[PDB]
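In this structure, amlodipine is found bound to Ion transport protein.
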Number of protein chains: 4
Amino acid sequence: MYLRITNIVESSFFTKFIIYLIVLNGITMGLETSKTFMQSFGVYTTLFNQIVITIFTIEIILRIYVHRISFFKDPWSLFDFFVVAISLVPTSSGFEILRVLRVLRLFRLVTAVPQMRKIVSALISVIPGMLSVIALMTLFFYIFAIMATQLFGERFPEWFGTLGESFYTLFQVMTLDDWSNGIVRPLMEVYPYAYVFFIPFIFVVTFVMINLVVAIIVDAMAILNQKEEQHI
Amino acid sequence: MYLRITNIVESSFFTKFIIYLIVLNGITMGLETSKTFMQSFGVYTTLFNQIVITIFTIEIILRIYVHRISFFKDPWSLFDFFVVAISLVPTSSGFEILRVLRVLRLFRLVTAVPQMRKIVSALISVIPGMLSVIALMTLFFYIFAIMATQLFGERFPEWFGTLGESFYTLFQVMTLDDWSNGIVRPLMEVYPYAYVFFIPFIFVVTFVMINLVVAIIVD
Amino acid sequence: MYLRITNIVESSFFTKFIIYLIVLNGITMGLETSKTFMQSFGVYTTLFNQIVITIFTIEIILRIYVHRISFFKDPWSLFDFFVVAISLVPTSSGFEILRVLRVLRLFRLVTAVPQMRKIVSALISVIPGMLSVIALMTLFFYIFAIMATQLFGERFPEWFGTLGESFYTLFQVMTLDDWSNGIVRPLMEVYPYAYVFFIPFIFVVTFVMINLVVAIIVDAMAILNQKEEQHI
Amino acid sequence: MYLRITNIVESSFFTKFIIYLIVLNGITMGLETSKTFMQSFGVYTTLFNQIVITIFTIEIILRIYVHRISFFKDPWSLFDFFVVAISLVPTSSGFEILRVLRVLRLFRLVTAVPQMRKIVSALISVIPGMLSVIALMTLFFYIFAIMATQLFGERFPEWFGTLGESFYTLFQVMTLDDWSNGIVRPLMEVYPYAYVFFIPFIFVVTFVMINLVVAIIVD
Ligand SMILES: COc1ccc([C@@H]2Sc3ccccc3N(CCN(C)C)C(=O)[C@H]2OC(C)=O)cc1
Ligand SMILES: CCOC(=O)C1=C(COCCN)NC(C)=C(C(=O)OC)[C@@H]1c1ccccc1Cl
Ligand SMILES: O=P(O)(O)OC[C@H](O)CO
Ligand SMILES: O=P(O)(O)OC[C@H](O)CO
Ligand SMILES: O=P(O)(O)OC[C@H](O)CO
Ligand SMILES: O=P(O)(O)OC[C@H](O)CO
Ligand SMILES: O=P(O)(O)OC[C@H](O)CO
Ligand SMILES: [Ca+2]
Ligand SMILES: [Ca+2]
Ligand SMILES: [Ca+2]
């Protein structure tokens, strides 16, 4: 009840099988798209999209029995749990979404192939130092988004009407996307002093983002210099 | 036994009361945004904002005397002073733009929590060693911002008519926000040779603004 | 004649004569443009094409006789071979295909000046350090390009709704090239929550590059750091 | 006489006096950029601009004696030399692109202050390290321009009609500025694979620059 079973899941090619599947469903989806394919090999992809979805469901619950408590202390598996089950809901005969969220099972190659789980994590190994800056921002935008809704708002509702709309347009200014001619000019042509709001908003906004690439090498590589190198 | 006040202003508890009042009034403004809200429930919100503003002109006048060797020489609280100052309807023979300025308060969630006060010291950490090459380029702006008006002001007033008008453009060109067909493909019509002014200038601003990035990291 | 062809080749004169016979094909190529030149005296350069081209495709024999097996194994060598062979094409008649690609022959300068290849290499060296985050990116993109045809390519045929046309548009969205007004405000009107596919897809695709160049700086500065620590 | 007034030049007194003037003249140059001030009042200080250059052009005669063959072998000193010559332009020339060069005399603010001086030296400190790579692409940019006139400029002459046209468009592409929607997608409505020349060009140009800025701690 364990042993015959423990050995199977852990195999060499069963991974290379559910990796051989992950890599397969992903190619029908690329054909599922162009309905020139789908009207010449429809039921194929459709029902291959149901037969594939089950090996992933035994695979998950097999892994669940083998590991038990530790399966549910693995984000890679919880995310596996997350992803694979999101497809378990009957997305067919339903809302657009979960049909198009079921494709998040190609996030599973990431889960599936090893070294893709270090560099993914070498990237998730960055947010702890940044959750300090990340929150300064979120308030800098709560406070300047509002000052926006008020001054513009009626005149320019599509952009800065309701606060979220100020959020959407603040973000857009930030990446500096067509902001020059698109959003500030058109404002400056009825409220001409609106450049007092946005120019030095832009300064705060790229100074900050630059000053966290001066610090991701000084503040994230300061914890990598205190406990790992002095080991000598 | 005198001066018993200075033993409540300083603690670890006063912060979640001011801080957590900041956070409240640092939300009430947000719900003002829903147009509907401030119809059904405006009544509680008009006063809510006022209750803190005196409580804050309390807190601050009650922070005024406890700290004095370094209070006015504390820009955080001077920033807490002037921010709170504007909130009480100044009377200076002036007109109504200030109503929007008060929300600047809810920056007080950074003013009086150290995690959001560690980081704002790491912002102005190396604002010197930078501020010269701010002040250089601010000449390089200014100068090109001269020829610019002095070279394309008769045929292009909207973009570069005056000194100021020329500036607001070069900053875009710098942030590069549709510079080519937004601004230079056109001038190139009345004036065919206007590329030299920007292909160069585009480098200089960005070459500067880039070296500024690598010349700070080692520090 | 093996020792006597090895004297013509790899001699101080081969510089005096190949690097020169290149640069004056890249002066003369700046003149097969602005066609007033072609009508007038263009047959000089239509066949100056051919001097340069047989001057080179003799070298394509000279080098292969001399460095008989040490050529096909040189990185910086198979290019010129390819760059000449691929230029070794019919001068005019046909559909017209690799008539344009000839101008790669100007690349030969990189391959016959050592100052070039070091810089090429100080650039290409950083590749493989990433060549698996490169496909971290293709995997992520693939999931997303699909999630576009099955999302917006009902009403926006130009920007999505196909496996092909969606990869692009997202690419323009990555560089943030007229992204918001230009492409996302439109989709949002048809579907407001389109942001819930791009406000994220941004913060991610940007993120990864920020931590896959921050790699590129630390990758070159963690090698400097090791030979200057065991002895100084 | 030829050794005497070295005492007036090599002095703490000399530099600031000119600096003071070129801050006046720099206040009153940015002021010469004016629709009203030039007309209303500038005709009465259009003399300032010419009695400044007189004092200027006298400065650049004895400095020349102080360093006999060493004036024109100093970087910053050759600069303001040629810079004043352009500024010496007769109140009526041929093509008054030179009356608008006049502002380049305000660049004497960088070559006369040793802070502003050697930061330029710190700037051009990375350029002869970079020369190693700039050329590598003014050959990348130059050939990707060649290949656009024989694909694209008989259906997009405005953009890739000639070399030049392709230089500008290409430079534009690399500033990533409105390139898909603005220039690239339109191309796909006649020649469909325009993107397969355009995307990796993006990557190849995009590759180098980032790799430049990394190993710029070395050059
Ligand atoms: C693979 O193709 C790509 C992918 C990403 C880029 C980014 S786009 C970007 C996104 C966010 C912040 C800045 C940028 N910029 C802005 C500067 N540009 C306007 C000159 C970039 O150039 C690219 O990243 C870098 C440091 O060069 C370029 C090509
Ligand atoms: C269900 C409504 O929530 C949203 O769509 C938004 C969220 C709630 O979801 C958060 C998802 N990031 N956070 C912010 C910050 C958003 C914003 O304004 O720009 C992203 C929006 C929003 C608010 C009002 C109008 C439009 C929109 Cl999109
Ligand atoms: O074949 P197309 O041209 O419809 O492009 C998308 C397809 O799904 C590719 O398999
Ligand atoms: O920006 P200017 O050139 O319009 O100068 C503003 C002054 O107040 C006018 O004298
Ligand atoms: O030369 P002009 O007389 O056309 O004046 C404008 C400049 O030359 C181009 O910026
Ligand atoms: O089909 P909808 O109405 O769920 O819209 C799609 C979402 O807004 C994201 O594209
Ligand atoms: O699509 P074609 O074959 O007509 O050639 C034109 C361009 O080179 C495509 O990029
Ligand atoms: Ca744009
Ligand atoms: Ca843009
Ligand atoms: Ca841009």
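Read the sequence lines top to bottom; their chains are A, B, and onward. Residues 1001-1232, in that order, are what chain A shows, numbered as in the PDB entry. Residue numbering for chain B follows the PDB entry, covering 1001-1219 in order. The numbers used for chain C are those of the PDB entry, and the residues that appear cover 1001-1232, in sequence. Residue numbering in chain D adheres to the PDB entry, whereby the residues present occupy positions 1001-1219 in order. The figures here come from the full heavy-atom set of this structure, side chains too, leaving out hydrogens, waters and symmetry mates. Note that ligands are numbered from 1 as they come in the structure, with each ligand's atoms numbered from 1 the same way.
The parts of the structure that belong to amlodipine are ligand 2. Other chains within heavy-atom reach of amlodipine, distance under 4.0 Å: A, C. Scanning out to just under 4.0 Å from amlodipine turns up no other ligands or ions.
The 4.0 Å heavy-atom shell around amlodipine contains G1164(A), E1165(A), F1167(A), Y1168(A), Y1195(C).
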